[PDB]
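Structure with zopolrestat present.
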Amino acid sequence: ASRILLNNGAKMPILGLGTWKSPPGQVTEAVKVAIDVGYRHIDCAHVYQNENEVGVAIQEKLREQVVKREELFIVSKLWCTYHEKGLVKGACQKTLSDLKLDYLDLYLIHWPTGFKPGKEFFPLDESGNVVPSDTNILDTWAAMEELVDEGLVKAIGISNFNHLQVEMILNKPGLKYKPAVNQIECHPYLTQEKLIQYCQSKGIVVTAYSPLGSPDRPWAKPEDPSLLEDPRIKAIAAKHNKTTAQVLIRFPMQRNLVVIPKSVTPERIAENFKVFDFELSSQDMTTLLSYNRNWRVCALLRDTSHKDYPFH
Ligand SMILES: NC(=O)c1ccc[n+]([C@@H]2O[C@H](COP(=O)([O-])OP(=O)(O)OC[C@H]3O[C@@H](n4cnc5c(N)ncnc54)[C@H](OP(=O)(O)O)[C@@H]3O)[C@@H](O)[C@H]2O)c1
Ligand SMILES: O=C(O)Cc1nn(Cc2nc3cc(C(F)(F)F)ccc3s2)c(=O)c2ccccc12
């Protein structure tokens, strides 16, 4: 099936297009191509600094009647400098204005860590420490719930939340809406079996980010493990006459995850969508899982003192 049922009653496409690092001058066309090819889910964020350009693409394809707004599943995220109760709606509205939408299908707390509000995404003190905010995730969550009740977003969720942090939301006094989604890093070198079982058991859908290992992340090193070039994964792909990226996308799909590979390359945007015509075997799946190295690609601030750092 192409969509998975969320705990808010809505269906979410299990394949979406990532937009982190997609240059502002390239992402409009990337998203137009993605919609032409059949993508219906776009993963966005204010912090990606390209929501205006994404929104241009969405608007043109709505205009062209290639798609209807109800068929689209548009996701964005609340950046760390806006965890304060009084700033959340403003943040959402800015995202909505840039995307040129009147609602979001899903809005996530991007990271559990709140940062000092200001123009800066990563406000630091004179020593280079990130300056935290004194807001806790449970009041942030209340503010996310208001957005549902105001009609700005159809669903709310979390991202980069660990087991204990998800549990705190679930156990919030006066919890009104459960998180629909936890969007986390997930691929064969970081399989996250425990976290995914815990979320899925609570009816929380998991989205796998960086499914190709984010080879374009700015802090990558040439020496780094490479999923795309792992000969073992190469082998499985060849067995199925698919590419290694297609296997890497199909893999979380069969774990009942949502997955959001990023590309601005039209041929890859198309290739990445052609993952509904083959099946990995249970053995292929277990073998892929066996490659876990607990290797996390996307996380800076590893030495942060932030009380809500999720990866200790
Ligand atoms: N919640 C959060 O904190 C968080 C964190 C990280 C990521 N995410 C989301 O998840 C999305 C995906 O993760 P990601 O951007 O980190 O990386 P990713 O999707 O794992 O990999 C992106 C890299 O793969 C290349 N690529 C794409 N398709 C390919 C193919 N078929 N063959 C070979 N190379 C291919 C892309 O190149 P080209 O673009 O040049 O084609 C780009 O360099 C993000 O864009 C963002 O939407 C969320
Ligand atoms: O965010 C994206 O989607 C991708 C993403 N990841 N990272 C790595 C990060 N490492 C963090 C560590 C913490 C911490 F928990 F330590 F405080 C908090 C927040 C972050 S962001 C970035 O630095 C970043 C910068 C601009 C746009 C996107 C990103």
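Residue numbers start at 1 and run along the sequence shown. Whatever order the structure lists ligands and atoms in, that order sets their numbers, starting from 1. Header lists the method as X-ray crystallography, 1.6 Å. Only heavy atoms go into these numbers, but all of them, side chains included; no hydrogens, no water, no symmetry mates.
Taking every copy into account, the model assigns zopolrestat to ligand 2. For zopolrestat, the chief contact partner in this model is given in UniProt as Aldo-keto reductase family 1 member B1. At a heavy-atom cutoff of 4.0 Å, zopolrestat is contacted by the side chain of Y48 but not by its backbone. Neither the backbone nor the side chain of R302 comes within 4.0 Å of zopolrestat, counting heavy atoms alone. Contacts between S159 and zopolrestat below 4.0 angstrom, taking non-hydrogen atoms only, are absent altogether.
Rounded to 1 Å on heavy atoms, the UniProt active-site residue in chain A nearest zopolrestat is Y48, 3 Å. In terms of polar-atom proximity, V47 is not counted as a contact of zopolrestat, lacking any N or O under 3.5 Å from an N or O of the ligand. Contacts between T113 and zopolrestat, counted as non-hydrogen atom pairs separated by less than 4.0 Å, involve the side chain only. Which parts of zopolrestat touch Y309 is read off a 4.0 Å heavy-atom cut-off, strictly below it: atoms 15 (F), 16 (F). Among the atoms of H110, some N or O lies under 3.5 angstrom from an N or O of zopolrestat. UniProt lists residues of chain A as binding NADP(+); of these, a heavy atom within 4.0 Å of zopolrestat is found for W219.
With a 4.0 Å heavy-atom cut-off, zopolrestat is reached by no atom of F311. Every atom of zopolrestat is numbered from 1 in the order shown, and the set under 4.0 Å from a heavy atom of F115 is 17 (F), 18 (C).
Distances between N or O atoms of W20 and those of zopolrestat include no value under 3.5 Å.
Atom numbering of zopolrestat starts at 1 in the shown order; those under 4.0 Å from a heavy atom of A299 are 10 (N). Measured by heavy atoms, zopolrestat lies under 4.0 Å from these UniProt substrate-binding residues of chain A: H110. In terms of N/O distances under 3.5 Å, zopolrestat is not approached by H306. Residue-level proximity to zopolrestat for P112 is absent, since no heavy atom of it falls below 4.0 angstrom. Among protein heavy atoms, the minimum distance from atom 8 (C) of zopolrestat is reached at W219 CH2, 3.4 Å. Near zopolrestat, within 4.0 Å on a heavy-atom basis, the structure shows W20, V47, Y48, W79, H110, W111, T113, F115, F122, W219, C298, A299, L300, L301, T304, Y309, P310.
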